[PDB]
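The structure to be discussed contains 8-chloroadenosine.
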Amino acid sequence: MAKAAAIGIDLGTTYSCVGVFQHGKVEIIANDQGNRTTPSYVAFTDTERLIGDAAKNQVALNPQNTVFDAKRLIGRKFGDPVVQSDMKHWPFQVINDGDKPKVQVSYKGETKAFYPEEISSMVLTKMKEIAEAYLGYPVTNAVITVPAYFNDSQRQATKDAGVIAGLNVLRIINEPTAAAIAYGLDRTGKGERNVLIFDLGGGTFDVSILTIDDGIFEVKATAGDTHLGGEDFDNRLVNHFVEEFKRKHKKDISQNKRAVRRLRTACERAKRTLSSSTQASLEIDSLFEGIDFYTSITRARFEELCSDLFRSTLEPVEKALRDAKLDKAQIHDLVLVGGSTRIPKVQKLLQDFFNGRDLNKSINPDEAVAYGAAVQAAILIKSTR
Ligand SMILES: Nc1ncnc2c1nc(Cl)n2[C@@H]1O[C@H](CO)[C@@H](O)[C@H]1O
């Protein structure tokens with residue numbers, strides 16, 4: 001029943017996803033709001049603790065007590081230059097507890113501090129409760145994914161988050177390995193298969209090159225930009241609309257925090273529309289000083305606004321190819337991961353770089369990792385019996 005059941009969890013920087021393999025198919029489980037992906041946010045309020053969508057929805061009103069980016073802190077020392085640099089950009093407090101970072105917040109009127117693994121355990125608990133609500137029984141066996149460049153300390157702190165959340169962690173697998181499993185790239189029989197995983201998410205960009213030799217996975221190279229993702233494209237749209245508002249009304253909205261945030265959420269939505277339509281409309285009632293902002297943008301203008309950012313994704317691809325000591329024609333498969341890979345210009349740039357090659361993109365790219373983790377979790381739980 002429950003003991004013979006296992007889930008796959010993609011524990012992401014900005015979003016998390018849970019899948020289950022049953023009756024010969026993967027089901028990506030929707031949360032109580034009907035979304036197949038859940039924001040990796042935890043909010044601490046005057047009455048409750050919020051996780052996911054509810055936490056992300058109140059981030060504007062409560063920024064000091066809304067934690068996100070815990071994955072950037074997990075398994076790291078407070079003194080680590082990555083931690084010290086990132087701390088300057090978060091609205092929540094990060095403190096030092098014996099060279100280990102803790103997030104300090106106000107919760108139900110009291111000062112509380114949490115280890116990053118305790119924050120990630122709250123995200124994992126939510127994913128576990130989403131699976132339980134779908135299945136009708138508690139499921140405790142799980143496969144949890146991590147980036148391929150995570151070291152032993154980051155892998156151990158992820159497994160600890162899983163333990164705190166009440167999960168029996170069957171395995172910690174690499175995100176690009178879960179993605180190649182999703183496409184069945186480890187079931188092509190004999191001979192070494194070279195796979196490139198292009199993973200463009202909300203806040204990070206990762207390129208991974210894997211060799212799959214008779215079912216055995218080997219990471220040949222990892223490259224990328226830890227501070228490049230979908231949120232940089234939204235900000236490029238934001239800047240354009242702030243400048244358009246200034247030209248139409250002779251008014252600078254940039255200092256109005258509420259006006260900028262409503263513009264940001266509308267830009268994110270418009271950006272997603274631009275992946276399937278050649279234009280998108282913004283309909284913001286009373287944006288600033290009672291002025292409605294009803295405008296549109298083409299895909300061609302959006303592509304111009306992000307042109308340099310889209311082109312910058314090809315330098316880590318080249319870098320990963322040289323590190324792996326492989327030419328373009330030696331790559332058998334190209335896999336797309338992350339919601340941002342839905343952008344047509346991104347796909348065209350990657351396909352042109354690989355000389356007109358077909359891309360593996362039939363599985364929702366923001367769900368491919370959870371999909372593969374769910375397949376692995378089913379195989380692992382069957383072998384355990
Ligand atoms: N249709 C889309 N067109 C463009 N960007 C998209 C799309 N869907 C998502 Cl999710 N994203 C972005 O992916 C990230 C999460 O993986 C977020 O930045 C989201 O906006």
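Residue indices begin at 1 and follow the sequence shown. In listed order, ligands and their atoms are each counted from 1.
- Structurally, the main neighbour of 8-chloroadenosine (ligand 1) is the chain that the PDB entry identifies as Heat shock 70 kDa protein 1A.
- In this structure, residues within 4.0 Å of 8-chloroadenosine (ligand 1) (heavy atoms) are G202, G230, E268, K271, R272, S275, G339, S340, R342, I343, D366.
- Of the protein's non-hydrogen atoms, the one nearest atom 10 (Cl) of 8-chloroadenosine (ligand 1) is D366 OD2, 3.3 Å.
- The shortest contact between atom 20 (O) of 8-chloroadenosine (ligand 1) and any protein heavy atom is with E268 OE2, 2.7 Å.
- Counting only heavy atoms of the protein, atom 8 (N) of 8-chloroadenosine (ligand 1) lies nearest to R342 NH1, 3.1 Å.
- Taking distance alone, with nitrogen or oxygen atoms compared against 3.5 Å, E231 stays at or beyond that limit from 8-chloroadenosine (ligand 1).
- Among the UniProt-annotated ATP-binding residues of chain A, those with a heavy atom closer than 4.0 Å to 8-chloroadenosine (ligand 1) are the following: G202, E268, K271, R272, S275, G339, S340, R342.
- For 8-chloroadenosine (ligand 1), the atoms closer than 4.0 angstrom to any heavy atom of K271 are 5 (N), 18 (O), 20 (O).
- The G230 neighbourhood of 8-chloroadenosine (ligand 1) comprises atoms 18 (O), with distances under 4.0 Å to a heavy atom of that residue.
- Scanning all protein heavy atoms for the shortest distance to atom 3 (N) of 8-chloroadenosine (ligand 1) gives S275 OG, 2.7 Å.
- Annotation: atom 6 (C) of 8-chloroadenosine (ligand 1) to nearest protein heavy atom, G339 O, 3.3 Å.
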